[PDB]
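Model: vascular endothelial growth factor receptor 2 / ligand axitinib.
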Amino acid sequence: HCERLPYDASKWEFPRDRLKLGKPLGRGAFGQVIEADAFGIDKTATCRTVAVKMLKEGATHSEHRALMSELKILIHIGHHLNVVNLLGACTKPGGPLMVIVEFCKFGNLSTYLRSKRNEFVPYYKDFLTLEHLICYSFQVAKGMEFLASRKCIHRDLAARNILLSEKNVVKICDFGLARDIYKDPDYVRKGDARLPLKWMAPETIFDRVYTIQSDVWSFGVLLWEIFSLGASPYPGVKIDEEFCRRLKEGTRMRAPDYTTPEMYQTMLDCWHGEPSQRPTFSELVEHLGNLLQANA
Ligand SMILES: CNC(=O)c1ccccc1Sc1ccc2c(/C=C/c3ccccn3)n[nH]c2c1
């Protein structure tokens, strides 16, 4: 019910003429994220690279409403290291709605990890290591625990919606309308929708129920993506009625190439058939914290 939420223009509004729009970072049918240079958005009189979401030719007022509600929910959520943070917005009539968040130098985590297969050692400068992988996992759990604390759920948690910034900081985001879900193989036709089926819990697939505990299922798939170094889930499996049936039956992915035994058990835990029996994000934070320390 985001339509009832506040937008405080005195706090968030940023002049469109102080934004210099650059190259696209992601394009969907109706939306896009573009790299931009912003003058003084978060520090007095200093230029800052940012990411701005706005609509595209083809969009209608209903996409505009959805983008406005995205802005309001980002205000409600507030700041945490492990979520992409809102820096401002352009909402003034006469120009397009723009939602401005921090820029994350390395882009999405799925693409990034997939590029590091020849630059990974379990235990070489700028090589990824097992510690990196556990560290990213822990950070995303911290960010999700934070989102849950705000009574929000993600609904599209996946490595493609995690960004890598400087100093090995990862941030949860959602490309949303700025992803071409009609051309993206990760989204599969189900009725009138294109859904991220490989990341979805059985209750979401079958009952269209979304909760924080269904986000936990997705987090388990995210873990598999991290510890496969950006591989595509359910390798060599057609995503159809048979896939969904077997998932309800209890079929799970095998251990990915770069996992530890306890990381794989954590994936299986997140994939409990019973939502209430999956760990919470708070439990995951504690566990991943211990695993990180054990690695060190
Ligand atoms: C919930 N809404 C959002 O997450 C959101 C809001 C406003 C603007 C964008 C986003 S999502 C997003 C997507 C990509 C980014 C990037 C960087 C992308 C990048 C960087 C290098 C190479 C390729 N891509 N930084 N920040 C981003 C935020």
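Here the PDB entry sets the residue numbers for chain A, with the shown residues being 816-938, 996-1168 in order. Numbering of ligands and ligand atoms starts at 1, following listing order.
- With non-hydrogen distances under 4.0 Å, the site around axitinib consists of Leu840, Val848, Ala866, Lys868, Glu885, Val899, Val914, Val916, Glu917, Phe918, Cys919, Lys920, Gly922, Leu1035, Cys1045, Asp1046, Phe1047.
- In summary, the atoms of axitinib found under 4.0 Å from a heavy atom of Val899, numbered by their order in the structure, are 4 (O).
- In summary, the atoms of axitinib found under 4.0 Å from a heavy atom of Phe918, numbered by their order in the structure, are 17 (C), 20 (C), 25 (N), 26 (N).
- Protein heavy atom nearest atom 21 (C) of axitinib, with residue, atom name and distance: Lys920 O, 3.3 Å.
- The shortest N/O to N/O separation between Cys919 and axitinib falls below 3.5 Å.
- The protein atom (non-hydrogen) at minimum distance from atom 27 (C) of axitinib is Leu1035 CD1, 3.3 Å.
- Atoms of axitinib found under 4.0 Å from any heavy atom of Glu885 (numbered from 1 in listed order, with element): 1 (C), 2 (N), 3 (C), 5 (C), 6 (C).
- Within chain A, the UniProt active-site residue with the least non-hydrogen distance to axitinib, rounded to 1 Å, is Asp1028, 10 Å.
- Mapped onto UniProt domains, most residues of chain A near axitinib sit in Protein kinase.
- Close approach of axitinib to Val848 is summarised as follows: ligand atoms under 4.0 Å from at least one heavy atom of the residue are 9 (C).
- Looking at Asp1046 next to axitinib, an N or O pair under 3.5 Å apart turns up.
- There are UniProt ATP-binding residues of chain A with a non-hydrogen atom under 4.0 Å from axitinib, namely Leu840, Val848, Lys868.
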